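What follows is a short report on a single structure.
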Amino acid sequence: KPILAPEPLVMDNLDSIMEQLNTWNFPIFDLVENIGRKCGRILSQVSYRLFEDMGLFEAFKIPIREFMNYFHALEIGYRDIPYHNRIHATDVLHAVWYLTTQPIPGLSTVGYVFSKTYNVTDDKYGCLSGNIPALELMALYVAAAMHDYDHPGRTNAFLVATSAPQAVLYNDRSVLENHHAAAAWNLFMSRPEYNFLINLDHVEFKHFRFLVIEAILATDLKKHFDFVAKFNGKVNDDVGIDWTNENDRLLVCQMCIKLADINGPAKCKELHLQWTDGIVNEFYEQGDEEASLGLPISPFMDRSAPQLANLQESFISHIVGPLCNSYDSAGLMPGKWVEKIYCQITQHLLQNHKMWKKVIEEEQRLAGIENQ
Amino acid sequence: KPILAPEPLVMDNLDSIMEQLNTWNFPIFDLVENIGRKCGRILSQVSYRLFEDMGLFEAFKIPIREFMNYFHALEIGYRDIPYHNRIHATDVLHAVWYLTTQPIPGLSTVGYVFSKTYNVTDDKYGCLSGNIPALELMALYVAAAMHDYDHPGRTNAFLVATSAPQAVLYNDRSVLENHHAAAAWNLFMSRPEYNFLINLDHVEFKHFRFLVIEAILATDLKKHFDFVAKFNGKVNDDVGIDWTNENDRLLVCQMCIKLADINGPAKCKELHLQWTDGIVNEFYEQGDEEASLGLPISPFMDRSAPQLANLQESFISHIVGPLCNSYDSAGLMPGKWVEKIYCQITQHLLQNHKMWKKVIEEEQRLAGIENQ
Amino acid sequence: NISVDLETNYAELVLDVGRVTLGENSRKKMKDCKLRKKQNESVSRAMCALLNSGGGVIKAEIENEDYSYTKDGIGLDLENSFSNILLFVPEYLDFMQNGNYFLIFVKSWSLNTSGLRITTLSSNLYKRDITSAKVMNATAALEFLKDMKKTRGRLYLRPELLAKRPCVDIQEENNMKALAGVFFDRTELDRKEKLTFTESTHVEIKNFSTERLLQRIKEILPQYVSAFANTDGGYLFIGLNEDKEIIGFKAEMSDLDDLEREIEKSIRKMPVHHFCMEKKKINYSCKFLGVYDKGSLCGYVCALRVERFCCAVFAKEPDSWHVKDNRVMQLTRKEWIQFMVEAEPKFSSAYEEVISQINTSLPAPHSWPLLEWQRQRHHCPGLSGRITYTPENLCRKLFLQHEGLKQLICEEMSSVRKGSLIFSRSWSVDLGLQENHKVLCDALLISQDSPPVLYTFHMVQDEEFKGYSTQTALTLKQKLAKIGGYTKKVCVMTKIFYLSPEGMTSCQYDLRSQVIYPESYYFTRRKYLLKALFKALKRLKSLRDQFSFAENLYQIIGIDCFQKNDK
Amino acid sequence: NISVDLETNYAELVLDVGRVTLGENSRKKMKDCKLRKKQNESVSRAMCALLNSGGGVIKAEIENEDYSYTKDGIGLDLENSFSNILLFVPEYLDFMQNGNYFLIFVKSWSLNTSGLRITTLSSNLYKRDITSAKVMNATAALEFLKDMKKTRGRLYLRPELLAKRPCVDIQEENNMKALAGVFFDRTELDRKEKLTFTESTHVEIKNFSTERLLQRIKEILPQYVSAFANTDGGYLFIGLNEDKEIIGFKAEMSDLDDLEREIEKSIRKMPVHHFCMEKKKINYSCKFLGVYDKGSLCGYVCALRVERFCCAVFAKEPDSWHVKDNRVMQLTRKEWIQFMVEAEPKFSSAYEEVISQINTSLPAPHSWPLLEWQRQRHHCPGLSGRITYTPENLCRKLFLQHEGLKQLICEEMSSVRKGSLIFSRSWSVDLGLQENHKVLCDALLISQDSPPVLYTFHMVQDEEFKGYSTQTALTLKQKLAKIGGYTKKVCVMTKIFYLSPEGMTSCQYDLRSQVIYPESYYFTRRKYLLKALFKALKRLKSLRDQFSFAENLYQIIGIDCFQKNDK
Ligand SMILES: O=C1CN2Cc3c(ccc(Cl)c3Cl)N=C2N1
Ligand SMILES: O=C1CN2Cc3c(ccc(Cl)c3Cl)N=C2N1
Ligand SMILES: [Mg+2]
Ligand SMILES: [Mg+2]
Ligand SMILES: [Mg+2]
Ligand SMILES: [Mg+2]
Ligand SMILES: [Zn+2]
Ligand SMILES: [Zn+2]
């Protein structure tokens, strides 16, 4: 009766593709089509690979069967919509894993667990696993895996506008994120075979639950500039980052998942174009419903008058820009030296922003020509 | 089918008792027994009296029938428990009304509405209605009326301990207050005959809803010292209170309802003793349930080893003390001059604190005598 | 006096200090000490008045005939005064001789780590050191007044108890205080006797072997009264000599009453400012004692006892100036203490925090500045996207009509690497000023180099509009430096254009090729000017549409408006 | 030198400045100027070292035979030094002559509005005014160093462009700078010629008509080098006279190389501290020029050019002292700039904010103080509830055994209106010190009057325990004033008790009837001491059980622990 699992736990046709999982531009849609897209068990497989890499199946003695049970039930939980679906959650999980277990130039490390490979040889390269205990990272990964659970396909402002029951039920204060965390944890505690945290302490499980819920609640876009200003003020004039603080580690994981959930405009051009296609389709669905209820149609959400490039340029300039700036100025972005330093992420960001600025300029130029 | 109303709207046997409603020590239990305690329509009647006093039935054109409908449905909504019941809500409503519409020595006033009587004759007496528009006060009153709605009888920490569904559903962050506001507003929007805000604007109703939910969320005892410190820092070194600010007015109403919900130890001795009897009974119920589930029994919550006076003294010293201090040092407590100033509230507080200190001292003395 | 020169083509406050000698050797060999002191004081008044109210320029007519400044310098008294009023002289001052005029360009005072918000030539709050009554500098006066304002008074420990200390022969200042207390009530003094005590933090002694003694007391007493009332109270004896031999001053009867009258008048004239509930007066008391040699009265010794005060006591009004509208005035006592005691508001919401903190700009690219954004990225056909025409609806409409305007703006904006001009229906009203309806529109070009310019456009072939434009540029400069918090030297240039139909030319005025500034006023920074303009418009409550940061994405995401007490 | 007098019964740091003359007339008529300067410098070193490290007491042997201080005073050089190091002298200093010793009691330095965290006799960072090279005071040095640390360097505008200014005959300081730049490369100088330029913020001129000239340069050059490198760079010419007539100094060959060598040595010895990425050196260059009269060399003129520096340049190490353990030392440069640049942490969680802000205490009752709470309200049978025995479990257990202890505490706590003693297994380890196992327990009585006392209890009839108790009281006083932020004068008294079984008496020591303090050390405030003790214990990470604020109500309501980085 409960969503239990598929028969063989770790399917193996998707070998030699998870090997190229230590690269920032993971070909996620290739794996999606490779895996049977009929059913969808991508989230579970990528989660198993990542957790085996970190070694958390020995660092906490998590029984792999109940683990797969829970996460397959989770991926079944994700609705079938254009953007916020299980492919997106696998994206965000991989993004946080990469950001926390890949070499960071100029980071001084100090129970902790490192990535499987990681090539620990020098001192000028740190990783976030070398500053954050295993419990915090396991919490962060599970937070990323279940962070858009049962997404209705609408935004917070829409649910607040139409006064949806999810809006009344949560008092119009981060409706969707409360819903995601609530529904996910409910489903977790429902069955007994889902408890992949069976070998934890009372206090350990309490802390884990607290961190998971905090992480999921961090991805509320309304509280974006607040998080950015807090992370600026805590790296700019202070002593920097005292990693022994639990407040600092919490804020760092919150910023990390903030940056991971919005990572369309930080990959190669085709991947970002696919994500943008998804998000525009979802906005078009919402606008379609919104025009039918009599409400004035939302900006950017009119498939009969699209302003896609406007949206993407403004987004990259206002949302992902300052966030990546604050995340990098604190010297945490993963990159490499130059025998000063090369960072792939911000370069991709600049390239995509320039591309959308091309599209905007050309469109306005042609329209001003034709319409005089 | 919906809880509609009792037949004659404003019952009139409880005349000549609402006349003594401009006194801080309103004999609430006397009115309770006077009114038919079989059914319970006290909250609706006191609310009608207060709203007629403020004149909000002309200041906003609120149809009295739908008003009584909603508030009788509300008072039906309150569970039948020892402390958090409709008598308590009527208490808190009357407390906020008194605190905002009774003379305050040394307050300089400036659409606004004043109490029915108020005796406006001098300049050395202000009232909070002379600094806060009618919309904010109507929001505050309705927030007080529905602020403990459908109380389960347990505390937040208990629901978090046993992992109650109200705890999962709200992510363990002010479980009860979110539940109160959510359930109350849900019930409000359910029927069409409850809309006693029918003659409002879109923006007006939005602001009203925001203020009501903020007010109800202010009464979360976990966030007590935060509110006290914020109100200290905003009256101590600042320019004082710029009433044109909406932040200041919001914070003042939040502090006012904070002080109103905890007002047992600020009335005469017998009233406070009755409230204490109620709260100890409720804690005893919760401890009774807690010992049965195998959990170690909570402090103060053991009817087989009561520490009632300990609880009440520590409460008055830690919770109501500093709050009344911060509320008074900003020169808002209602009182009277001395032909320097006499305040009834803090005097009652000191008397009750001394009484509980007597009980503690005598008990410890006798126990040290007997047990050597 | 000091007069605001309304007859200059500078976009600034100009003060005329009258004739002024200059040069180290010309000042040194100047055979009129009172005149030299008066000139130095006039220049210092001018400089303080300029520092307190935005920027400004001091214009002094060279008094000596052949003056160079390139082989003469300025002087040494003026340099001392300058170095006293400021910490760093090169950061605030520029000196430039223009033929027969010596111009001093004064930056505006800025909030720094010291905490001072205005500059003062002298606080006039004296404090009593161990022995000497000194005047509080700016920092000590700040600390003193803020400690007093904190406790809503000035905390003393009036005689609740003498502590139970061991018995032992020990000597302290209270010994001298008590010996003075016994000296004060003595009914007679034997002439040429010795003293048992010397002067300390409670005791002062003066010779004053002066035939008049009243013109001297009238000028020396208030500073010692202030020194005492501002610390612990004390006694002031007159008629003694350095060797502690009581001599007194040869005064006959019918003058002691006059002297006491003048003393009471003088001490009642001294200002005072209370932070306590009640408002006392300076409690004090005089007395005179005979110095009878052997059977006859040789003279008297006036003994004055001053009791410690509850709030501050000035010798005169604080020496702080400012130019209000014209006719540079002195700050009243109440305003002075409000500038010394209160803080700045400094709200700085989270959105504004990030909008500013985009301006960190380490040695790295740090792209994505939010105060340089725009929807319509197609203006001025032959060009790149390197100029943000900010209002975006006022500019579009102003380009629709007034066809020559867009072409003129293109032909103007050609020689600019990167800038951002900001139109307006009228900038005078956006700075709280009188609008004149003949002004078509305005602009504000803020580029990297080339300090900001205030284009004024109009189509009226009768007037000149120099007064309007210069007043607006002046006010914008002052508002920037005093409210936006820009901490560098600035000049707001000017340009005027005529815009008759069928023709867009005839620049009726160009302020840059009319007036010279020091070498440093020509290098602005263009990101801090943007922060300063944002904060100035916010603080003036005129920020409406400048700095687009379009909300169509904010409305989707659920973020609210920029900032106000309106939600 | 200055030696920490380890042979005093004071619970404080005592410094011995050696013999010291005193009195205004004894100092004035002192016929040894070098000795007088040395004594004044020793006392000032002692006073700065005391101010920088908690409190302390300076002990000076009176050098003159018959000295009174009640008809002699102190002096005037010492008073000048005192008034320079401090703003207010009565707030920090107390002078008390004890027979043949002159004791100066020094309060500890406190954070005030100025922002300074340590006191310095002299920063040794010189700045170049218009004409003279002055030394930065404390406040200017603070401002300078903080502005530099902000920009991670020191911002200049290296020659990107000469601004396009109008053509007009105008005279400025850059004229003098350029004329010096042409003077510097001149290959020869005609003797007794005139100069075209004078000295300004970039130009300095020295006569130095000295036969040696090297002992003089070695001591005068570094301050001018610092004055230049700390502002805009510049030139320093030697061999000229006041009347700008080039004369030069009569130097023969084989000495110019020596002079250049000494100059390079001197300028390389001068300290420097960088806030920039790279770490340059002081870029400079010397040169010599002939002054050939008509066909022969009369002498030379050494011309030195100093270029503006990127970070700060000292003439010597900063003149700031402190006593580390003994043998009072001078703060290193790095520590000094860390005290001048960094801020204090000042976390102040919300719970702590309200726990302190209970301490406002306007002219009104303001009951309900949280740092004075207790569960067990029945101690000491015949008494009221007027003493909070705070740990409440250590005190209960210590009262269970050691039966005479409770009776002794009752017979001690009789004469106290309201106080709160705080037990401990050992206070020495709660202050980060060496524990000795023979100490039974401790206590800390903090009443309204009667400054705090540190009872030490033990049952060992062999030792005395004076050293332990006095070290602990000293350390507690210093920790209070330096970390708790108590801003008044304090002494921590002492008492020792013997506790043999079957008898509770024999107070083996009573520090109050052994040492005398000024009249003001005997009045504490008892609520700010509680705040200070709370903050000190928090900052030392030893706050465990003192200040109960029982959590059984907090655990019910849902409020969390007091504060730490543990949740
Ligand atoms: O490549 C991309 C990915 N995304 C996500 C996105 C957005 C605009 C709004 C929202 Cl709420 C979200 Cl999740 N734009 C882009 N562009
Ligand atoms: O007279 C009174 C009224 N109350 C309410 C109360 C309390 C202790 C805890 C809680 Cl949560 C509450 Cl609501 N004590 C008293 N005493
Ligand atoms: Mg989301
Ligand atoms: Mg997401
Ligand atoms: Mg509640
Ligand atoms: Mg309640
Ligand atoms: Zn006063
Ligand atoms: Zn450097």
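Chain A corresponds to the first sequence line; subsequent lines are lettered B, C, and so forth. By the numbers in the PDB entry, the shown part of chain A spans 669-778, 800-1028, 1070-1102. Here chain B follows the PDB entry, giving residues 669-778, 800-1028, 1070-1102 in order. Following the PDB entry, chain C residues are numbered 2-568, in order. Numbers in chain D track the PDB entry; the residues on display, in order, are 2-568. As the structure lists them, so they are numbered: ligands from 1, and atoms in each ligand from 1. Values below: all heavy atoms of this structure, side chains included; hydrogens, waters and symmetry mates excluded.
- The drug or drug candidate found at ligand 1 is anagrelide.
- Counting heavy-atom pairs under 4.5 Å, the chain with the largest count for anagrelide (ligand 1) is, by its name in UniProt, cGMP-inhibited 3',5'-cyclic phosphodiesterase 3A.
- Lab note: other chains with heavy atoms under 4.0 Å from anagrelide (ligand 1) -> A.
- The nearest of the UniProt-listed active-site residues in chain A relative to anagrelide (ligand 1), at the least heavy-atom distance to 1 Å, is A/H752, 4 Å.
- Per UniProt, the domain of chain A home to most contacts with anagrelide (ligand 1) is PDEase.
- Taking UniProt's list of Mg(2+)-binding residues in chain A, a heavy atom lies under 4.0 Å from anagrelide (ligand 1) for no entry.
- For anagrelide (ligand 1), the heavy-atom contacts closer than 4.0 Å come from A/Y751, A/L910, A/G953, A/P954, A/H961, A/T965, A/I968, A/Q1001, A/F1004.
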